[PDB]
Chemist: 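PDB structure, Monocarboxylate transporter 8 holding L-thyroxine.
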Amino acid sequence: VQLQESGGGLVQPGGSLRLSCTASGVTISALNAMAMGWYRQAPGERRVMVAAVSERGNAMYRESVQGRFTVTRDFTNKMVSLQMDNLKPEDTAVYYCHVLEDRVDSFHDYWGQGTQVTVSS
Amino acid sequence: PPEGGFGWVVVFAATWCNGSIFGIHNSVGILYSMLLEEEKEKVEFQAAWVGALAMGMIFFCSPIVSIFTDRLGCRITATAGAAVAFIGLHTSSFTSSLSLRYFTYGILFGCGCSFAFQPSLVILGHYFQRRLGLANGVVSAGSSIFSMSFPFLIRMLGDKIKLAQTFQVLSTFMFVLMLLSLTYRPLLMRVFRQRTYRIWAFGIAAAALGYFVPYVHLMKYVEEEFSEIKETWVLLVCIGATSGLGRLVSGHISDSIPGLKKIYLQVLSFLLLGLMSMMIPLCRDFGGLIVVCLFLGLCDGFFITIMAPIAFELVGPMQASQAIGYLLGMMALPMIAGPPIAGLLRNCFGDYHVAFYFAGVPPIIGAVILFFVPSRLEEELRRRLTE
Ligand SMILES: N[C@@H](Cc1cc(I)c(Oc2cc(I)c(O)c(I)c2)c(I)c1)C(=O)O
C-alpha cells in the first residue's frame, strides 16, 4: 500500500483546509475491504487515528474534533477527503493518510507521508 | 471437523431429542384442553398455568445447564437430563389429579428437558464448520415433522387405553432418547463483555415477547369472527407445513451468506413477521387470512433456524455453550408474558383486533434493534479512537 498526502501548510484561525490522496499499490476491490482514514501527530505526540470510514460506508470521528473535521469517501476513485473548517491553533500537527486492512484474526495499519498543517495568524 | 460421515448419526439423535420434547409438550397441552372442554374442573386456571410453567422451566434453567455442560461434557449431561425426564414423566402417571402433578410434571419434566436440550444444540458444533447451517436446518425440519406426526401416532394409531396411562406410554420416548444420548462422542461470566453479542441477544429477547400470541389465539379469533367456517384445523396444519420448508431452506441458504451479514436475514424475517401479524385483523375474508398464515409460517422458520449458527459465528466454538445458555435464559420471561398480556387486552377491549395489533410491534422493534449491530472492523475503529 502506497499513500502520498496532498495539501497542508499555514492557515489562519477559523480557516478551512482540505486534504486528500488516492490509494496506491492497492486495487479498488481490495480497498473496499479496507477502511480509509487519517492520523494526527503534533510535535511530541504519538500518531493517533482521528477520522475514518467503515467498510459499510459509515463515517466515524474522534468526538473531540467532530464537526470541525469532516471526512468523505469516494470508493470508485479510491479517494478520501479530509475537510476541516474553523481551524484553531491547537490543531497544528502533521496529518498522515492511513489504510486499515482486515486479516485473519488480525489487521494491518498502513501509513502515508504526512503533511504539516499549522493554524496561526 | 468431518462435516459429514459419522456426524449424520449425531444429527439423527438430536432430531429425535427435539421431536420428543416439543411433541410431548404440545400433545399434553392439547390433552388438557380436551379434558376441560366439557367440564369446569378436570383447577382450570392452575391447569393452564401448569403447561406454561413446564414450558418456561426449559428456558429458565439454561445457564446452570451451561455450567454443567462445560464442566462435565455433553454426553453425561444429556444422559442425566434424559433419565430425569423419564423418571418424572413416569411418576406423573401415579399422581392421580393431585397437586403432586403440578410438582412432578412441572419441575421434574421441565428440568429434565432443559438438561437434555442445550447439549442437543452444542454438540452439532463439534461436527460441522462449513455446513452447520444445513445441519441445523435438517434437525429443525426433522423435529417439526416428528412433532406434527406425534398426535397422529397417539390418538388414532392407538390410545385405546384410559387417560391415566398416556404419560406412561409417552415415557418410552424419553427412555429411547436416554439410550441415544450415549452417541455424543466428544471429539476434542465473560461472554457478556462483547458489545456485539450483548446487543444481538437483547434484540432477540425484545422481539421474543410478541411470539406465541398467534399460536395461542388464532383459533379462538377465527372461531369468534368466522363461525361460518366448517373447521379451522386447516390453518395450523398449513402453518406447520410451511414452517418445515422454511426451516430447511433457511438452513441451506445460511451458509451462503458469509460473516455477520447473516443477521440481515433475521432483520427481514422480523420485519415480515411484524407486518403479517398486524395484517391479520384487516383481512376480512378467509381466503386472505389463509395466505397471511402461510407467510407467517414461512417466516417463523427463517427466524428460528438461524440463531445457533449466528451464535457460533459471533462467539466462536469454545464459547457457544455459554452464549446459548445466556441467550435462552434471557428469553424466559417475555415468551411467558406475551399470551397473558394479549388476553388482558382482549378482556379490556372485547374485540380481538387490538391483541394482534399489539403483538405486531415487538418484532418490529426487535428488527430495528438488530439493525444497529456493529461490525468487527468498526469495533476495532472504536478501540483505535479510544487510544
Ligand atoms: N414450539 C416452539 C417452541 C420454541 C420456540 C422457540 I423461538 C425456541 O427458541 C429457540 C432458540 C434457539 I438458540 C434454538 O436453536 C431453537 I431450534 C429454538 C424454543 I428452545 C422453543 C418450537 O419448537 O420452535
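For reference, chains are lettered A, B, ... following the sequence lines as listed. Following the PDB entry, chain A shows residues 4-124, kept in their order. Residues displayed in chain B correspond, in order, to the PDB entry positions 94-135, 139-284, 313-511. Atoms within each ligand, like the ligands themselves, are counted from 1 in listed order.
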Chemist: OK, heavy-atom distances under 4.0 Å: which other chains does that catch around L-thyroxine?
Modeler: B
Chemist: Which residues does the binding site of L-thyroxine contain at 4.0 Å, with heavy atoms considered?
Modeler: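 The heavy-atom cut-off picks out B/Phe115, B/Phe155, B/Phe213, B/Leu217, B/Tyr335, B/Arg371, B/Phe427, B/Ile428, B/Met431, B/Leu452.
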Chemist: Give the source organism of chain B as stated in the entry.
Modeler: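 The entry records the organism as Homo sapiens.
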Chemist: Could you walk through UniProt's transmembrane segments of chain B from the N terminus and tell me which have a heavy atom under 4.0 Å from L-thyroxine?
Modeler: 1, 2, 4, 7, 8, 10, 11
